Asks: 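Lab note: imipenem (bound form)/Beta-lactamase complex loaded, questions to follow.
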Amino acid sequence: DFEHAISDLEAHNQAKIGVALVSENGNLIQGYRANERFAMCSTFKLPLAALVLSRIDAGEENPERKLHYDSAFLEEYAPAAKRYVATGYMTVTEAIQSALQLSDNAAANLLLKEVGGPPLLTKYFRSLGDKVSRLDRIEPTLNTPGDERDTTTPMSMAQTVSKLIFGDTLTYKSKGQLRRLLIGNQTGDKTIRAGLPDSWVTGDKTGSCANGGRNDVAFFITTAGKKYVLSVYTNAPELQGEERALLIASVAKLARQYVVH
Ligand SMILES: *C(=O)[C@H]([C@@H](C)O)[C@H]1C[C@@H](SCC/N=C\N)C(C(=O)O)=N1
Ligand SMILES: [Cl-]
Ligand SMILES: [Cl-]
């Protein structure tokens, strides 16, 4: 069974693995450590992008709005922001695309400023019925034992993402935009979607975090038209990076045994 298979993976890789596979409507299909906390150092950007789109939906923001910043605002991993910084700004749209598809840290910080900071994103999680996920600090500060700051659970994240991608909190327009952006993610070619058939439509947001953290949350649609979200959080400090991605792809190959192909 699923729980024994993931346990075997933990023991073989000296890793901690948390995973939830949920239906289109957020209902759990299989999981393993599904209600344990993991650091949410990058995957928070997915719900962050959705908050920004929902502000646009409500007329409180628009896509072409210029988010001003200078070199002091740069972070160590900010490939897009470093290219645009001489101009003085990134638009809302550029920052959303960069934070999602490149996991650009300065772009994510721009979007955090836009929405009112970590507390307003936490309020957004709560508003969507996610009682667990919380963001407290900005990049890269958000990345000790017992500290619940900047954490999610595999279940909370899968459920949240399922609501954003497949539910009705975003308009049809925004939901389409968010999905197309996630499909075009550039950082997830070796993670969850490497463990799924290539004919399935898949979009994802990855993360790489302290203590050997390598995470991915994806939506996918099988050739039968059946829609799912898979969250995978891993800590495998003895594995190399290519091996950590392969571990996530292995988890997805296990989880897909439980979906209608
Ligand atoms: C999440 O947003 C990560 C933050 C915490 O740095 C970010 C890092 C990239 S991994 C490649 C960059 N290497 C060193 N900093 C990442 C991602 O690709 O998902 N997320
Ligand atoms: Cl369902
Ligand atoms: Cl993450």
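Residue numbering for chain A follows the PDB entry, covering 21-163, 166-283 in order. All values below were derived from every heavy atom in this structure, side-chain atoms included, with hydrogens, water molecules and symmetry-related copies excluded. Read the numbers this way: they start at 1 and go in the same order the structure lists the ligands and their atoms. Header says: X-ray crystallography, 1.8 Å.
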Asks: In terms of chains or ligands, where should one look for imipenem (bound form)?
Replies: ligand 1
Asks: Using a plain distance cutoff, I'd like to know if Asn125 has any nitrogen or oxygen under 3.5 Å from a nitrogen or oxygen of imipenem (bound form).
Replies: yes
Asks: Which of the atoms of imipenem (bound form) are close to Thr209, meaning less than 4.0 Å from one of its heavy atoms?
Replies: 18 (O)
Asks: Hey, which organism does the entry list as the source of chain A?
Replies: Pseudomonas aeruginosa
Asks: Work out whether the distance between some heavy atom of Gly229 and some atom of imipenem (bound form) is less than 4.0 Å.
Replies: yes
Asks: Output the list of atoms in imipenem (bound form) that are nearer than 4.0 Å to some heavy atom of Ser62, sorted by atom number.
Replies: 1 (C), 2 (O), 3 (C), 4 (C), 5 (C), 7 (C), 20 (N)
Asks: Quick check on contacts: which atoms of imipenem (bound form) are under 4.0 angstrom from a heavy atom of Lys227?
Replies: 19 (O)
Asks: Just which atoms of imipenem (bound form) are under 4.0 Å from any heavy atom in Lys65?
Replies: 1 (C), 2 (O)
Asks: Under 4.0 Å, heavy-atom basis, I'd like to know which part of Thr228 is in contact with imipenem (bound form): side chain, backbone, both or neither.
Replies: both
Asks: Where, by residue and atom, does the entry place a covalent bond to imipenem (bound form)?
Replies: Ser62 OG
Asks: Which nucleotides or residues of neighbouring chains are within 4.0 Å of imipenem (bound form) (non-hydrogen atoms)?
Replies: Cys61, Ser62, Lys65, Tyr97, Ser123, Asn125, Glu159, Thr209, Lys227, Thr228, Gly229, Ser230
